[PDB]
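Structure (with lanifibranor).
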Amino acid sequence: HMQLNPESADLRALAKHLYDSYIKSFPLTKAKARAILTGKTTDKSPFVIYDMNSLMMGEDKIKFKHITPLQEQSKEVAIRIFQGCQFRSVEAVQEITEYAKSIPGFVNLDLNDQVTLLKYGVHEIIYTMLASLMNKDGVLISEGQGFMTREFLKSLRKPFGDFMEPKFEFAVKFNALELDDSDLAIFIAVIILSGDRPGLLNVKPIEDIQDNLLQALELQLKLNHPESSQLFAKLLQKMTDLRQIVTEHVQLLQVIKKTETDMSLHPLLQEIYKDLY
Amino acid sequence: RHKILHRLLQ
Ligand SMILES: O=C(O)CCCc1cc2cc(Cl)ccc2n1S(=O)(=O)c1ccc2ncsc2c1
């Protein structure tokens, strides 16, 4: 049976440190995102993009961070969307990298191993956190100023219409677990510290930290989800689904490569995907 | 190589 001893009090201190570091690393938390998704907010109320006419008008009324008046934009809706998403991804790599450095012990890992953990973990974190911004109708965009429907994304010409749908599929199942930010902060730390990433050199200290994180997560979930006996194992299984999501997303990307020319990933994304798997 | 990722980490 569970008890309140110096070990558990260390696990909780660890969980709170991750949470605090997570709130200041990631702008739109799932708390704020779900308020928006229910109107339970003041703030703004996002502009809904649900068809081509609302898209055109949304680009005008939403202040997209990456857009300037004006660089050269694709003129084709699907590609302009790809470009915004690629920009958000690059941003997210930096958010996640910063968060990684806040994970006790991470910075003192082999610098080359730090690189490898981020290379493999970043897109699994991206899709993990993207679910915070999704419901079954669509996904929050642009820091929550816009909302793009699932069916609009699905209606983009092939193969762009196939990019987001596997993420929605994942998000429906994953959000039915009802994690909050406090859960998520530990779960993404666990993902970053996967001691089975290809090419790791000094695996021992990585498993040590991941061990300490897996304990802090199990305690976290027992305390925070009284009505969910099998939550810890269900969550670990979701790391399996995320690797599959990343695999599938890679296969669509190479469709883009030998098909859409002019398109090219931001070099940060190119280093990540290069020799991924 | 992962030059940008290396740069971000240092
Ligand atoms: O692969 C990359 O990292 C660059 C390309 C990534 C990417 C291109 C792309 C094009 C379309 Cl039409 C739909 C989804 C797409 N995705 S995504 O599903 O991965 C993604 C990522 C972060 C994000 N923030 C709010 S929505 C969102 C969607």
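In this entry the chain letters A, B, ... are assigned according to the order of the sequence lines. By the PDB entry numbering, chain A shows 201-477, in order. Note that chain B is numbered according to the PDB entry, with residues 603-612 shown in order. Just the heavy atoms: all of them, side chains too, but no hydrogens, waters or symmetry mates, feed the values below. Each ligand, and each atom within it, is numbered from 1 in the order the structure gives.
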Quick check: main partner chain of lanifibranor (ligand 1) by heavy-atom contacts, named as in the PDB entry?
Isoform 1 of Peroxisome proliferator-activated receptor gamma
Other chains with a heavy atom under 4.0 Å from lanifibranor (ligand 1)
A
I'd love to know which of the UniProt rosiglitazone-binding residues in chain A sit under 4.0 Å from lanifibranor (ligand 1), measured heavy atom to heavy atom.
A:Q286, A:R288, A:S289, A:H323, A:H449, A:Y473
Please write down residue, atom name and distance for the protein heavy atom closest to atom 9 (C) of lanifibranor (ligand 1).
A:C285 CB, 3.8 Å
Can you name the atoms of lanifibranor (ligand 1), numbered from 1 with element, that are less than 4.0 Å from a heavy atom of A:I281?
12 (Cl)
Should you measure from each heavy atom of A:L469, which atoms of lanifibranor (ligand 1) turn up under 4.0 Å away?
2 (C), 3 (O), 4 (C)
With atoms numbered from 1 as shown, which atoms in lanifibranor (ligand 1) lie under 4.0 angstrom from a non-hydrogen atom of A:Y327?
19 (O)
Which atoms of lanifibranor (ligand 1) sit under 4.0 Å from any heavy atom of A:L453?
1 (O)
Quick test of your reading of the structure: of A:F368, A:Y473, A:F363, whose heavy atom lies closest to atom 13 (C) of lanifibranor (ligand 1)?
A:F363
Mark up the atoms of lanifibranor (ligand 1) that fall under 4.0 Å of a heavy atom belonging to A:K367, in ascending order.
18 (O)
Check each of A:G346, A:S289, A:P359 against atom 21 (C) of lanifibranor (ligand 1) and report the one with the nearest heavy atom.
A:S289
Taking only heavy atoms of A:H323 into account, list the atoms of lanifibranor (ligand 1) that are under 4.0 Å away from them.
1 (O), 2 (C), 3 (O)
Quick one: nearest non-hydrogen protein atom to atom 24 (N) of lanifibranor (ligand 1), plus distance?
A:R288 CG, 3.3 Å
Can you tell me which residue and heavy atom of the protein come closest to atom 17 (S) of lanifibranor (ligand 1), and the distance to 0.1 Å?
A:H449 CE1, 4.0 Å
A:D362, A:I279, A:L330: member with heavy atom nearest to atom 25 (C) of lanifibranor (ligand 1):
A:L330
If the contact criterion is a heavy-atom separation under 4.0 Å, does A:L356 count as touching lanifibranor (ligand 1)?
yes
Which UniProt domain of chain A holds most of the residues in contact with lanifibranor (ligand 1)?
NR LBD
Around lanifibranor (ligand 1), which residues have heavy atoms within 4.0 Å?
A:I281, A:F282, A:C285, A:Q286, A:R288, A:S289, A:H323, A:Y327, A:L330, A:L356, A:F360, A:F363, A:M364, A:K367, A:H449, A:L453, A:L469, A:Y473
